[PDB]
A.B. asks: 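Just passing along the structure, written as structure tokens.
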Amino acid sequence: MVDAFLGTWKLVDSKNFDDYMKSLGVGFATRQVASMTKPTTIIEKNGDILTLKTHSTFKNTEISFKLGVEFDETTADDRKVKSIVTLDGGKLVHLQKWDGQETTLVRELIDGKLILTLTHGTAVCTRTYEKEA
Ligand SMILES: CC(C)Cc1ccc([C@@H](C)C(=O)O)cc1
């Protein structure tokens, strides 16, 4: 159930993140900073409002949203996007759209770990998170 996403998650593995960021036009200097920290993601809920916080040395971000209701978002890399978060079976799907393109940030729980798959065209990144106690 949706509740299994709630809590505090720490990055423990990454594949293809530099490649995903390059695919979004993030410059090398910014990619180096973004890749050299293990971020923390906090997923919270109050009524039908979900909040996702990312804490890192690169940027702190916070978004709030209702499932299935489009919202304006300014991403960590300063893209102004049109976003929506949905639940597709066990997948919490964050879609970002801008300028005729899109990216998805998909979260799934596998063996108690939070797997974040970031897709932008042929660039696919896997970020693996573990729950903090
Ligand atoms: C283009 C990038 C900078 C957008 C971005 C993707 C993933 C994260 C968090 C979840 C992360 O896993 O580091 C933060 C920002």
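We number each residue from 1, following the sequence as shown. Atoms within a ligand are numbered from 1 in the order they appear, just like the ligands themselves. Atoms considered below: every heavy atom in the structure, side chains included; atoms not considered: hydrogens, waters and symmetry mates.
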A.B. asks: At ligand 1 in this PDB structure, which drug or drug candidate is present?
C.D. replies: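 That's (R)-ibuprofen.
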A.B. asks: Please provide the name that UniProt uses for the chief contact partner of (R)-ibuprofen.
C.D. replies: Fatty acid-binding protein, heart
A.B. asks: I'm trying to map the binding site of (R)-ibuprofen - which residues have a heavy atom under 4.0 Å from it?
C.D. replies: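 Heavy-atom neighbours of (R)-ibuprofen: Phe17, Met21, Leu24, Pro39, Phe58, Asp77, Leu116, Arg127, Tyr129.
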A.B. asks: Enumerate the (9Z)-octadecenoate-binding residues UniProt records for chain A that place a heavy atom under 4.0 Å from (R)-ibuprofen.
C.D. replies: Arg127, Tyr129
A.B. asks: Of all the non-hydrogen atoms in the protein, which one sits nearest to atom 3 (C) of (R)-ibuprofen, and at what distance?
C.D. replies: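 Of every protein heavy atom, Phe58 CE2, 3.8 Å lies nearest to atom 3 (C) of (R)-ibuprofen.
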A.B. asks: Might you check, step by step, whether the distance between atom 8 (C) of (R)-ibuprofen and some protein heavy atom is under 4.0 Å?
C.D. replies: no
A.B. asks: List the residues that UniProt gives as binding hexadecanoate in chain A and that have a heavy atom under 4.0 Å from (R)-ibuprofen.
C.D. replies: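 Within heavy-atom range of (R)-ibuprofen, the UniProt set gives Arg127, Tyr129.
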A.B. asks: Mark up the atoms of (R)-ibuprofen that fall under 4.0 Å of a heavy atom belonging to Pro39, in ascending order.
C.D. replies: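 Listed by number with element, the hits are 13 (O).
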A.B. asks: So, for atom 14 (C) of (R)-ibuprofen, does the protein have a heavy atom nearer than 4.0 Å?
C.D. replies: no
A.B. asks: Can you confirm whether some protein heavy atom lies under 4.0 Å from atom 5 (C) of (R)-ibuprofen, or whether none does?
C.D. replies: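 For atom 5 (C) of (R)-ibuprofen the answer is no, since every protein heavy atom stays at 4.0 Å or beyond.
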A.B. asks: Say whether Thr54, considering both its backbone and side-chain N or O atoms, lies within less than 3.5 Å of an N or O atom on (R)-ibuprofen.
C.D. replies: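 The answer is no, given that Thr54 and (R)-ibuprofen share no N or O pair closer than 3.5 Å.
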A.B. asks: Give the residue and atom name of whichever protein heavy atom lies nearest to atom 12 (O) of (R)-ibuprofen, and the separation in Å to one decimal.
C.D. replies: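 The answer is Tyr129 OH, 2.7 Å.
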A.B. asks: Looking only at distances, can you tell me whether any N or O atom of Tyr20, backbone or side chain, sits closer than 3.5 Å to an N or O atom of (R)-ibuprofen?
C.D. replies: no
